[PDB]
Structures are given as structure tokens and as C-alpha cells.
Amino acid sequence: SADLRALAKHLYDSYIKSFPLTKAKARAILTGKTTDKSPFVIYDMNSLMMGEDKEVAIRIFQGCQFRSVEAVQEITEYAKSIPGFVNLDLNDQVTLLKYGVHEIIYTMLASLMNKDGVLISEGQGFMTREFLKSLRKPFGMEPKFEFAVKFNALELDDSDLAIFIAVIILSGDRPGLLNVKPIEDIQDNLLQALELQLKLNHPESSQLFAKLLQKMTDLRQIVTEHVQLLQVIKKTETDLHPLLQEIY
Ligand SMILES: O=C(O)Cc1ccccc1Nc1c(Cl)cccc1Cl
């Protein structure tokens, strides 16, 4: 039990060290807290180009593409610090990440979100949900917002997210994995540690562990729909990053 707690601290340390915008910073920026600075708000085309100070719809997709890329670099950096990940068969490390990064992006994306919009550029900016929903065509972050709303109601902090994200990466159901068993061995560990952490950090909360695993369903749905859209865009525009091209 003391070992699981120690494993939780490790993941947390590494999470802090791998992701410069945490959920705690992001919430401070959103709630006008004096620990951090207020963002500029992008709510329309006028304030959009007013906010680039700092086609529009194409410019914002490419922007999301560039931010996704950095996300992958940071998530990759984080995976290397999960005990046993770097000991795994190389082809599988690549496999696990290739299929997990999207799921993690949306998880941490919820960290940047409220029912009214999302933080961007390390909290410097705040693009509104309506402005995005009105962006066209095609430009329709709306399901990401609905998951965010549901997701953020669990009220997990960064030390929760750190373990949960580790679990996601270590998914032995990932397609085309050579050796499944060691990955599962690691995930079982992460899982058991997530169980204890949620039981210690949210004691009044019931079945939060179960509730937190169920959300992995929602994540699959989101990512499938995302990939479909991106494939349609790829055939309606002739002219992705070498990392972006790799995952897709
Ligand atoms: O612009 C932002 O920072 C939000 C954003 C949009 C698209 C893709 C990624 C990100 N941010 C982001 C980053 Cl930079 C790292 C880890 C997880 C997330 Cl959600």
C-alpha cells in the first residue's frame, strides 16, 4: 500500500515536470485567482484577428494541429517516466502512444475548459465555445466540450490525472501490440494505484474509480469521430506534421 502511494507520487512528479500547464494553474486562470494572470478572450472573427496580436477557420485548425503536436511531445516525455514503459518492446512503445495520445489530449483538454470555452497557448488565450460552434465550414470542438463538462464534474486534480493518464497509455488492448502481457502487468499496477489514490483523495466520493474508467468509453467515441473528420478534411484540402502524419 505504501508502494502504491510512492508510485502515485512518482507519476505526479513526472506529470508536473512534463506538462507546463496543469489543471490547477488553468483553474486559477479561469476563476480570476490572483496567483495567475487573466487571459485575452477570442469570441468572434473581429476579436479573433484582434487576438492574433497576440481563411480563419483553416488558420485555427492548423493552430489546433500545432498544439496537438506539442501535446504529443509532452505526453511522450511523460510516458518515458512510467515504470516499465521504456523496458517494453520498442514497436509496442510506439504502438501504445500512437493510439493513446488523442485520448489523453481530450482528457487534459477538459482541464482547459468550462461550459463557455477553452484556454489556449498556455493560458494566454480563451477561445469561446460559441465562437467555435459558429466557425465553418467544416468546423464543429462541440463534443469535446460536452465530455469536458461531464469529465470536470468528477473534480479530479492533477495527481489524479497523472495516474489516470498512465493507465490510458498502458492499454494492452491496443491493436498490433506484440507482447500484451507485460503492458497489462504495468497497467494493473497503475490501476491498483489509481484505486488507492482516488480512495484517499476523494474519500466522500463513491465509485469514482468505476466512474473514472467509464469515461474511457466517451474518449473512444470522441477520438473515432475526430479521425473521421480529419480524413474528410484531408481529401477536401490538398495542401500534417511528420509526427501528425505518423499517427494518422
Ligand atoms: O492550445 C492549447 O493549449 C489547447 C490545446 C489545443 C489542441 C491540442 C492541445 C492543446 N493543449 C494541450 C497541451 Cl499543449 C498539452 C497536453 C494536453 C493539451 Cl489538451
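By convention here, the first residue in the shown sequence is residue 1. According to its header, this structure was worked out by X-ray crystallography, 2.5 Å. All values below were derived from every heavy atom in this structure, side-chain atoms included, with hydrogens, water molecules and symmetry-related copies excluded. Counting starts at 1 for both ligands and their atoms, following the listed order.
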Provide the name in the PDB entry for the chain that contacts ligand 1 most.
Peroxisome proliferator-activated receptor gamma
Say which drug appears at ligand 1.
diclofenac
What residues line the site of diclofenac (ligand 1) at a non-hydrogen cut-off of 4.0 Å?
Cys64, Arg67, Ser68, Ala71, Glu74, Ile105, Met108, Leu109, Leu112, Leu119, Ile120, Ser121
I'd like to check which diclofenac (ligand 1) atoms, numbered from 1 as shown, lie under 4.0 Å from a non-hydrogen atom of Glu74.
15 (C)
Could you list which atoms of diclofenac (ligand 1) come closer than 4.0 Å to a heavy atom of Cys64?
7 (C)
May I ask you to list the atoms of diclofenac (ligand 1) that are less than 4.0 angstrom from any heavy atom of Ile105?
19 (Cl)
Within diclofenac (ligand 1), which atoms have a heavy atom of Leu112 less than 4.0 Å away?
4 (C), 11 (N)
Which atoms of diclofenac (ligand 1) have any heavy atom of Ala71 under 4.0 Å away?
13 (C), 15 (C), 16 (C)
Counting each atom of diclofenac (ligand 1) from 1 as listed, which ones have a heavy atom of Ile120 under 4.0 Å away?
1 (O), 2 (C)
Atoms of diclofenac (ligand 1) less than 4.0 Å from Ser121 heavy atoms?
1 (O), 2 (C), 3 (O)
Counting from 1, what diclofenac (ligand 1) atoms have a heavy atom of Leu119 closer than 4.0 Å?
4 (C)
By UniProt annotation, which domain of chain A makes up most of the contact surface with diclofenac (ligand 1)?
NR LBD
